[PDB]
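In what follows, chains carry the letters A, B, and so on, assigned in the order in which the sequence lines appear, proteins first and then strands, with residues in each chain numbered from 1.
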Amino acid sequence: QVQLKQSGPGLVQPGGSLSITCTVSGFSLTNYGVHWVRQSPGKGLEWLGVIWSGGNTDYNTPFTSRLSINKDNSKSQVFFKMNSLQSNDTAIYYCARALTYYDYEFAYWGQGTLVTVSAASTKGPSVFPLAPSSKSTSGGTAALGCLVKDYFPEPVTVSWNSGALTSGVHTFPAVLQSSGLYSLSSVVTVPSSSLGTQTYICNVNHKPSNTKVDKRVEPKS
Amino acid sequence: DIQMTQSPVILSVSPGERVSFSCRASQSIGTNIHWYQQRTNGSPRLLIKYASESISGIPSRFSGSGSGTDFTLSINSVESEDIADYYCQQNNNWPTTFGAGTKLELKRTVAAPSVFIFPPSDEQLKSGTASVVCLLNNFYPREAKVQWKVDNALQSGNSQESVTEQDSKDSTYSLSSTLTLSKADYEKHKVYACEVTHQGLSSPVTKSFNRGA
């Protein structure tokens, strides 16, 4: 099947440059163009440019002087580079392929890459448990979680038990603290009868700081 | 460049109903419009191309219509998996451009939140700060209010909250609120309380704990 897979998120300083790699499978770059689209809360979805089968490029008008797209056909990789970055370039960047070699009907999308443009420095999170309580177990169900505190930039990814626990999980949108650092919580509701035997571990990954923190969440004695 | 205008911003619909999304172009685009679904934290998914043409793997309940400047995406019999944002795209005129999205909300019966309070962890307290967390789980509708009280005094200026997007399995929301204190301030007070109001609650619900007990 057709797949597009992107490099990870990261922080760039104002005035610097970003580089994103899109690795494709299921089709050849010699037969399809690959397009780039970004999405932000403030500007919505915005088409950025394309590299066509034969290597020609088109860049959307706002970006002609600071965008470069090239590729490695033999390795099925497309490289997106953008220069002179400012705050309003913070966005999720996607690569995409159309149904037909020449068209813009985007049937296949990468997973997206969050690029943050800010003068701040990267900081990985501290992770604290939100232990299940005894006076707080409502009708056979208990709530527990993890507090993911004081990191920059977004995003963090949280899983529970390495992906084996997905039902009842709520990972909340991050809040920006007045310190300029993000915090979020992730919770899960589980059977009260399970709390003595079942282990619950929250897995927190922050690619920009290359940190992965696993925290076991236990009833207290 | 062509502006694509989607209105309204949010469409709230009951399960099983037919829902229609509007997209209008600032100049005629013929039938050169495509539609996408984007679920929370997901990538766009192509639903319809060229105003009305079907896409492999998309349920038959999705269809599109229109020509010129006035276009519609329709879902017959909407269901929970349709909870998402919906975008239009024109490509009659370079550069291709996108609408700003319409959010689909599915109505359901009123559900009061289940409320949980979490003291700061001993590990956090080591480092000089105390975060108290209040969870409001699986409620509808989205409006909810949290009040923090410390020794029965209403707190202001030291909390932040976050709300999830609508859950595609049960059509509810959840909310987390964090009260942040210094360890020194935390250890000066006894009763920590989260007080919750919601349409499904005829009286406020309070969850509290006594520090150290």
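- Located at chains A and B, the drug is listed as cetuximab.
- This deposit refers to chain A as FM329 heavy chain.
- The deposit refers to chain B as FM329 light chain.
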